[PDB]
Student: 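The structure under discussion is supplied below as structure tokens; questions concerning it will follow.
To match the PDB entry, the residue numbers of chain A are left as they are there, and the shown ones run 19-286. FYI, side chains are in, hydrogens and waters are out, and symmetry mates aren't considered; it's all heavy atoms of this structure. Determined via X-ray crystallography, 1.4 Å. First listed ligand is number 1; within each ligand, the first listed atom is number 1.
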Amino acid sequence: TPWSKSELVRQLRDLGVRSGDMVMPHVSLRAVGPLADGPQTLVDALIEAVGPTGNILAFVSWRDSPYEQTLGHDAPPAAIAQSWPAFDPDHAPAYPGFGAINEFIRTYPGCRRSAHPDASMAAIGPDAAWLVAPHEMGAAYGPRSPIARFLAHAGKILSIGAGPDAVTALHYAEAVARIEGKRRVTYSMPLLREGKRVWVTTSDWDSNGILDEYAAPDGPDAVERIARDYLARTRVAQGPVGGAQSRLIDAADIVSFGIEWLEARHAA
Ligand SMILES: NC[C@H]1O[C@H](O[C@H]2[C@H](O)[C@@H](O[C@H]3O[C@H](CO)[C@@H](O)[C@H](N)[C@H]3O)[C@H](N)C[C@@H]2N)[C@H](O)[C@@H](O)[C@@H]1O
Ligand SMILES: [Mg+2]
């Protein structure tokens, strides 16, 4: 029998979600199982669990980000440059590969959306505007990004059937780690600026692996290895949400652990 909102809310409370919390979810809907009214049921449950003073932050990205098409070029290739749609935060769909729940989150009434087309973040709650801006090219997941503010805002990472590789916030640890050999990428995104499409080319840390040994396409990347180690070494509330094994992680703690983990393994 499909899970009801009420059942999910009680499960979230059992896991340690409290009214007022700042939560970043990572969800496998297949692990959760059928929901009374589909994925919206879990969105509604998350919003009810954090309450009217709580906040939700999600990494939603963009279905049509021209990342691969512009990667490694000093400018968007001509055919891309001419016809790609500008990123419109009000209308651009979420990237399906990071979770089907994210399109439900970003279309929720009052949801705010960050301006970085590839790293785009969606937030619901009284602090949503403060969370989502600024979000500039060159600051995808590190200092000055929504993740940086989430980490200063008592953020909790709510992993609902998701693996250790899913913990986006650990890209912050990669950005700030004082280690040699860090990989960077260059790409171009089409932004809206006063109603006009403007191509912006930037470099940033490689979010597919901060060092060569973490950058195999299949992984494991550093995020995965850090989070696996962390979860083997830390008390973290665990329990079901729907049918999914779930965990509620203190974001500042896991990111601090990850900075230390990288700096202990790689020379400065
Ligand atoms: N490296 C191993 C990891 O790879 C993916 O996760 C990474 C995405 O690939 C990145 O996405 C970027 O690169 C994609 C592929 O080029 C583009 O499509 C996309 N627009 C870009 O934002 C994202 N920023 C960080 C995320 N950790 C898998 O999901 C994850 O399970 C696995 O551990
Ligand atoms: Mg508040």
Student: Return the drug name for ligand 1.
Tutor: kanamycin
Student: Main binding partner of kanamycin in this structure, as named by the PDB entry?
Tutor: Aminoglycoside N(3)-acetyltransferase
Student: May I ask you to identify the nearest protein heavy atom to atom 19 (C) of kanamycin, giving residue, atom name and distance to one decimal place in Å?
Tutor: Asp136 OD1, 3.7 Å
Student: In the protein, which heavy atom is nearest to atom 17 (C) of kanamycin, and how far is it?
Tutor: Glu86 OE2, 3.5 Å
Student: In terms of residue, atom name and distance, what is the protein heavy atom nearest to atom 25 (C) of kanamycin?
Tutor: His189 NE2, 3.3 Å
Student: Would you mind checking which non-hydrogen protein atom is closest to atom 29 (O) of kanamycin, with the distance to 0.1 Å?
Tutor: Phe116 CE2, 4.5 Å
Student: Any nitrogen or oxygen of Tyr85, side chain or backbone, less than 3.5 Å from one on kanamycin?
Tutor: no
Student: Give the numbers and elements of all kanamycin atoms closer than 4.0 Å to a heavy atom of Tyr159.
Tutor: 24 (N)
Student: Starting from atom 9 (O) of kanamycin, what is the nearest protein heavy atom, named by residue and atom, and what distance separates them?
Tutor: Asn226 OD1, 2.7 Å
Student: Quick test of your reading of the structure: of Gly115, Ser225, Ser138, whose heavy atom lies closest to atom 23 (C) of kanamycin?
Tutor: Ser225
Student: With a heavy-atom distance limit of 4.0 Å, tell me whether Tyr232 approaches kanamycin through its side chain, its backbone, both, or neither.
Tutor: neither
Student: Under 4.0 Å from atom 15 (C) of kanamycin, is there any protein heavy atom?
Tutor: yes
Student: Considering only the protein, which heavy-atom contact is closest to atom 30 (C) of kanamycin, and what is its distance?
Tutor: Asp183 OD2, 3.7 Å
Student: Extract every residue of other chains having a heavy atom under 4.0 Å from kanamycin.
Tutor: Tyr85, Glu86, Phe116, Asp136, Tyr159, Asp183, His189, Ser225, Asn226, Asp239
